[PDB]
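In this structure, zanamivir is found bound to Neuraminidase.
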There are 4 protein chains.
Amino acid sequence: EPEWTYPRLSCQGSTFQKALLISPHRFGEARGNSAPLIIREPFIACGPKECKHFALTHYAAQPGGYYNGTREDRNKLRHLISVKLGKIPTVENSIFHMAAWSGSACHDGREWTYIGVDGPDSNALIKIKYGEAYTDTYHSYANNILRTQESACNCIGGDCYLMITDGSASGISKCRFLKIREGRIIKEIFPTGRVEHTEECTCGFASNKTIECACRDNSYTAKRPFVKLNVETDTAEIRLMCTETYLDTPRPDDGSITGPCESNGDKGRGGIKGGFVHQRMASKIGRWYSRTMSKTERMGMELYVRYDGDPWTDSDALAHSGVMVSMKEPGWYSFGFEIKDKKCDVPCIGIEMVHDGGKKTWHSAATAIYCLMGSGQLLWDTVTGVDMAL
Amino acid sequence: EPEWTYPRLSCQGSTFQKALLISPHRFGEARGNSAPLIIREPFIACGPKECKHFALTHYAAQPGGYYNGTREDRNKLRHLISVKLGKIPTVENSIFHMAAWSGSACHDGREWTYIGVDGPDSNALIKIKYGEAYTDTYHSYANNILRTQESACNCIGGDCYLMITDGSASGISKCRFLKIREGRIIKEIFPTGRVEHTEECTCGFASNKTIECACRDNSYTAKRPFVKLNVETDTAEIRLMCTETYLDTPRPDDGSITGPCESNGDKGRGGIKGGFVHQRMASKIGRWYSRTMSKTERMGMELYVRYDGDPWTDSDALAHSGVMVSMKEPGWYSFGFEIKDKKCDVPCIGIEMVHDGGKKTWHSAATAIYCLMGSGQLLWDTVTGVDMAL
Amino acid sequence: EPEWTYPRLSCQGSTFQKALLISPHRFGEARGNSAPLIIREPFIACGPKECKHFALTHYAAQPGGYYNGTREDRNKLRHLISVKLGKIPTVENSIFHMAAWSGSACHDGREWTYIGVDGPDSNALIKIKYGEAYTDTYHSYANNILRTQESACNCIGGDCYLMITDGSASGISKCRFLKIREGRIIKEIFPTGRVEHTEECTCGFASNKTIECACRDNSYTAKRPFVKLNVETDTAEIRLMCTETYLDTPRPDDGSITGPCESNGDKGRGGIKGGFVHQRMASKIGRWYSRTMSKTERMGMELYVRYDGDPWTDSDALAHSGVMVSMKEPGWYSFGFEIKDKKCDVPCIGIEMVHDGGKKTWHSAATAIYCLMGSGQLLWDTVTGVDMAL
Amino acid sequence: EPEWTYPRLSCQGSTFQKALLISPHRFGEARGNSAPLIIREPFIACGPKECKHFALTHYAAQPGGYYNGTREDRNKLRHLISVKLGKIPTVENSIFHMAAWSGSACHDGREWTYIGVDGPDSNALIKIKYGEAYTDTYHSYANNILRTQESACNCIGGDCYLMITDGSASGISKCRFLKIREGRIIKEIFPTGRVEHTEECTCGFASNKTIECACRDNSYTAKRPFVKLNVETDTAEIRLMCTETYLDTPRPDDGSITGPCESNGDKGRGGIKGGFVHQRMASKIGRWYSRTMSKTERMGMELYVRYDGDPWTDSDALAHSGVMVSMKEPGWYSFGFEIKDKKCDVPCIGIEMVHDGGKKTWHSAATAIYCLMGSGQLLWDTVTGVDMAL
Ligand SMILES: CC(=O)N[C@H]1[C@H]([C@H](O)[C@H](O)CO)OC(C(=O)O)=C[C@@H]1NC(=N)N
Ligand SMILES: CC(=O)N[C@H]1[C@H]([C@H](O)[C@H](O)CO)OC(C(=O)O)=C[C@@H]1NC(=N)N
Ligand SMILES: CC(=O)N[C@H]1[C@H]([C@H](O)[C@H](O)CO)OC(C(=O)O)=C[C@@H]1NC(=N)N
Ligand SMILES: CC(=O)N[C@H]1[C@H]([C@H](O)[C@H](O)CO)OC(C(=O)O)=C[C@@H]1NC(=N)N
Ligand SMILES: *[C@@H]1O[C@H](CO)[C@@H](O)[C@H](O)[C@H]1NC(C)=O
Ligand SMILES: *[C@@H]1O[C@H](CO)[C@@H](O)[C@H](O)[C@H]1NC(C)=O
Ligand SMILES: *[C@@H]1O[C@H](CO)[C@@H](O)[C@H](O)[C@H]1NC(C)=O
Ligand SMILES: *[C@@H]1O[C@H](CO)[C@@H](O)[C@H](O)[C@H]1NC(C)=O
Ligand SMILES: [Ca+2]
Ligand SMILES: [Ca+2]
Ligand SMILES: [Ca+2]
Ligand SMILES: [Ca+2]
Ligand SMILES: [Ca+2]
Ligand SMILES: [Ca+2]
């Protein structure tokens, strides 16, 4: 039958470049004839032959009559959808997978696993589907909005790992990792370390033995919670990223948080999901990240890379590697993913560029993709091109 | 060739949970750019690899100009259509299988069999199609609207069984079962027992030897005719469900039908097609059923279960297992179906949620899907989200 | 590689029944959101796994701004298109195959052959495509609108046969048959007999040795030219159908043409393409035909069958076998085709139901399908359901 | 695996004929319900099984609200897109391959390679994608709009060759050829000879050892730079076509450029990309070319051929072989491509037919296709049928 997928060394390259923009709302004018779905929280996951562009829709299209409520996060209509990457996610092109206001998905070499969360805020539910079949669920353990990544989960040898968390957006949210095999939870991993708040982890394989995640702390710091998960022992430990280049929004000025690596610092309340992807080379490991250009608003998006070291102990600034979205453009969630070439994996970061005109109108997003490509430096930025008044 | 499908034991689990909502008319606004088909009597049937969401279209879209007639049942334009479960049944996404104002379909492991009925009321006709080929028909035997299930037929080792019935909607309608192999009827099975009115059976496998059906009596009782068809002998017997939880609409209060199990009781005229699906375990069988929350109108929908016992003699209440559709929301036909996971079958119930705004405007439906998924209790209900004035 | 296709015995059955209606313009209202293509001359051809519904479009959709000219037969924009049978032929669902104002197509077991005719009226061109590749052409031999069937060609052992004709619509048009193998003309067959005018032949296999065609004579008779083509010798002879049930429109009353089988009779000028398909049984051959209900206008469509005999010498009336389209509905071109079941072929007749409001508005058609199905008699008729004012 | 593609001898034939017209804006009326994409620089490339129709979209549809900018060449929204040849390149039918304002693509027998260029004018970048994976890039070497073919690249035994160029549009632009294998550049080939300005090469195989290109000189001459690239040594040489039939637009009258073959002549500034395709026979090679009917404007398009000889020294007129687009109709870029029949290759030329209504309104194009087909002479021209005011 198909072989189980494993992380492979990354394809040769030393800079990211602009790849593709899926800007569905370039076709949503009242005088046009299209039906782009109103979405937020897009992410991409690839199998050996194809990538799927996922998102949580509000089950409404532009132009339409259901714009009121599209700036709300959770409700009974939101669903996990996808199209093949490169197709415009319209009413007719998309697949509705399950009811969900928080999702994830990944391919293990043989089939797709889709994860969706819905239920009341105080008692929500992780629902897992493997192909066509709904296969398992997991219960709220802290009864305050159980939720997951909003990016791809990660499979090795048929075991797919997924961060879930539950708890207050203003207090404690201790995340946990599920090991899912063929749609069924075969292990629950309870992390050790700086565990007071970890959510919206962007995860990937550092090697066949370790998964790493750059996460969001919505209450205490602008440094990202950084997870190291040993896949063989099924143990995880979390400590804050020590780099002075704080990747969350809001954040203080770089290098202004004094004291040891663990110090929380100022402007900790609030957050944003951030891009992170690995370049696995025979000798070294590159960790690529993205953060907004604004320190306080979801505007702009810049690339950073650091080779080797320990993200937990190194205060050194990450190397600035290009402006993907200028400060004039919206820069909201970003996520890492990998495209499978014939013999190696191509690391990419995707960026959600939300069209926000507030609650009085529709609310949705475009997705920009940057990927490792050749050498030199990043050459061009992405604009969505949408005028929200049309 | 691929091999014939057989019922297997159900995937482990102990509660249903909200799975998927296909609400096409969320995109049918006059200022939108979509063409959801006007449909009624939706149902789902799955093969080894995919599920198809079938329905009986009025061959008209919303927005459109052919709303006069969409509250009629039978007319020369009605057709059986489908999309892969998860696609929006729109004009371009659907496949039109045959002219039909009554339908069923199922997969035997190798190919799909589609059943449609059309023709004048006095002389209607069952038409069978295997794949692309029209293979056989069956004539009206009581000359009064020959009709069928409006839910999946059931195949075992290549033999697919189908309830057909014929006769007065407020009188006698003695059903019969067709045994169809590769699109040709190879046997007629004439049931025994309480046979005066059985229609719209929701059937499935209780094991490899027995198919059971929960049906509608539109004339005499609010209790459901319960069919047990022995697949090895190709014989069937029907008796009324004895449970005090009357599953039909309209119905009297639970437990008010005094006297022996077969007593018809009060508020017998009228009916609704009802959900029913089996959870086969090694030494226990679960029978899951759905009924409206209103005793008289097609509003709401609640889940019920009972493990083991004989439906024909057990007067005990069914155990209530969640509100799938609130009293506020439409709850029309419901049906059972199973999804094929790798080693086991997943029981589900789907719910037709009709948008009823009277004869004065368009008429159509959403489909809500609930499936056995994990443990605990059912967490959330479904709303269609459609404002019929847009 | 795939086996070459051959005619097989027909599936068991003794009556045709209503199968499917593709009425695209049920979705073309000015207030709707669809784009049905404006077409005429539809036909269907099936391979082992799928049928394709072909037609000549005017390269215009309803609603639209290019209605003027859609009642003209030939122009530089017309093209042969198709969708999979059961899909609505819209702008996006259809495939444009080649420029063509006269077409044909058939599958030989391995690939599809598409034939299209365009060029000036005095010097047009047969163009043949095999899969993606344009492979051959044939030249006008009488320099007066070279044209072909407007129905499926017929392949046996990899040789596909096709009627083409050229000459005056009011005078002599001596048809010829091409034997095409893998897109290339390997033989030209010059018919013998009553050859003064044969066009728009509907052809099919009577056996592995003989192809037969019921054709149109636009100038001299209302009896159809009937072709018998021996596939082994590659010779064809044509004589008029002798049945008193004249299948052309216009036509005199049945049985009013006195004299021998060859007599032309009255009301010979004008014509219509007619349905014809074979039911090949081990012992006997049924020839199924269709003609309009009106003797003079393209209104209504009735089925007729005759078993055995010689169509050239038998004056006997064909057996009336059902009203497919009533006299209130449009009945224009009709064609035969066969659907491949697992072990046998299912004969069908398709009917073009044109929406004609004259030259001041759009002009297009619906396609109704009737197929051999069970026993008894034909039970229901087809209406397109379209109101040309919406 | 499948094997590598090699040029083969061409299918037998001696004239081109009108094959297919893809006119998307026949469906772009404000009162219609379609979304044809606004595109320019279309081209076609075929693999063993299918052809893809590529183009450079402005990421806007007709009707729509983003027409300001559609007469620009380079901007951050331009993307390489495709549909299977014969599908209408609409918003939902197309696949968006990468951000690109200059492109090429071709199939090597196993997979597709897509090439896009974007980035600032002074520092643009070639991006290569093999299948789904972004595999390599190539930097600007003259810092003045690095660009490529806008027609198919060409693969032999897995090596795909591509013309890239860089430099002033009214000065020096010395092209280079990239040899790409499975999406990675394995060699740069620096041409020899008349090298001062070569761009938008239309390339193809003259045999298994030589690729030839007919290119555009936008600065100095109306004669086309003619490249002969030896595939075995990976060396190229460029000299101007000596034919008195100048293939560029603008151009002086045929034969007015006096002096030796390499004389630049008059009306050299400005240009157009031009069609060119080979007809390989056992002992003769046919070179087919297209040019506008107007000597100064992009109006009309005529076919020309010459068999054998050396394009670099033969001053003889090319033989005129038909009007494909009349003086009345737009004739913009043209390109060559080959379709793969079972045993041989079919030469074709496609023509971009731009709808030009000025800067004041939308701008886009149809594509007309002519292919070698049978014998005789070319019979009919192509019109787009689009009224730009609708
Ligand atoms: C489950 C849920 O509602 N998650 C929210 C998320 C969350 O709200 C914060 O992370 C605080 O915990 O914030 C945001 C956000 O954009 O700030 C988007 C998410 N929207 C959705 N996932 N639908
Ligand atoms: C054959 C037919 O017309 N079936 C009717 C059905 C029927 O009248 C009752 O069951 C009484 O026999 O009622 C209903 C209904 O919703 O009450 C829908 C069905 N409509 C369709 N399935 N088309
Ligand atoms: C090639 C052509 O123009 N054929 C005509 C056809 C023909 O005109 C008569 O058969 C007389 O020879 O008539 C008709 C018709 O509907 O009467 C339709 C055809 N339309 C198209 N094939 N486009
Ligand atoms: C790279 C680029 O911008 N190419 C231009 C091209 C160019 O200006 C000339 O060849 C001079 O170098 O002209 C034209 C043109 O139609 O004249 C189209 C191209 N547009 C695009 N392919 N996007
Ligand atoms: C991971 O392990 C698999 C299976 O043993 C191997 O194919 C793959 O190349 C390994 N990845 C590395 C070395 O990064
Ligand atoms: C039914 O029998 C088949 C073998 O004939 C087996 O594969 C399947 O598991 C059985 N299922 C039940 C529920 O007995
Ligand atoms: C036609 O010939 C083929 C090949 O010999 C055979 O398979 C088929 O059954 C024959 N058809 C008849 C007997 O009608
Ligand atoms: C080129 O060579 C290949 C074998 O390497 C052969 O298949 C093909 O026919 C040849 N074509 C020409 C034009 O020489
Ligand atoms: Ca924070
Ligand atoms: Ca739509
Ligand atoms: Ca009842
Ligand atoms: Ca006639
Ligand atoms: Ca459309
Ligand atoms: Ca020039």
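A, B, C, ... go to the sequence lines in the order they are written. Quick note: numbers on chain A are straight from the PDB entry, i.e. 76-465, in order. By the numbers in the PDB entry, the shown part of chain B spans 76-465. We're sticking with the PDB entry numbering for chain C, so the shown stretch reads 76-465, in order. Residue numbering for chain D follows the PDB entry, covering 76-465 in order. Remember, it's 1-based here, ligands and their atoms both numbered in the order they're listed. Reckoned from all heavy atoms, side chains included, excluding hydrogens, waters and symmetry mates.
- One finds zanamivir in this structure at ligands 1, 2, 3 and 4.
- Other chains reaching under 4.0 Å from zanamivir (ligand 2) with at least one heavy atom: B.
- The heavy-atom binding site of zanamivir (ligand 2) at 4.0 Å consists of B:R115, B:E116, B:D148, B:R149, B:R153, B:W176, B:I220, B:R222, B:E225, B:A244, B:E274, B:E275, B:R291, B:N293, B:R373, B:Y408.
- For zanamivir (ligand 2), the atoms lying closer than 4.0 Å to a non-hydrogen atom of B:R115 are 15 (C), 16 (O), 18 (C).
- For zanamivir (ligand 2), the polar-atom distance check against B:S177 finds no nitrogen or oxygen pair separated by under 3.5 Å.
- Distances below 4.0 Å separate heavy atoms of B:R222 from the following atoms of zanamivir (ligand 2): 1 (C), 12 (O).
- Taking atom 9 (C) of zanamivir (ligand 2) as the reference point, the nearest protein heavy-atom neighbour is B:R291 NH2, 3.5 Å.
- Shown in contact with B:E275 at under 4.0 Å from a heavy atom are these atoms of zanamivir (ligand 2), numbered in order with element: 6 (C), 10 (O).
- Zanamivir (ligand 2) has an N or O atom lying under 3.5 Å from an N or O atom of B:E274, backbone or side chain.
- The shortest N or O to N or O distance between B:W407 and zanamivir (ligand 2) is not below 3.5 Å.
- Within the listing of zanamivir (ligand 2), atoms 11 (C) sit less than 4.0 angstrom from a heavy atom of B:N293.
- Counting only non-hydrogen atoms, no residue of chain B annotated by UniProt as Ca(2+)-binding lies closer than 4.0 Å to zanamivir (ligand 2).
- When chain B is restricted to the residues UniProt lists for substrate binding, the ones with a heavy atom within 4.0 Å of zanamivir (ligand 2) turn out to be B:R115, B:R149, B:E274, B:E275, B:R291, B:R373.
- Among all protein heavy atoms, the one lying closest to atom 22 (N) of zanamivir (ligand 2) is B:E225 OE2, 3.1 Å.
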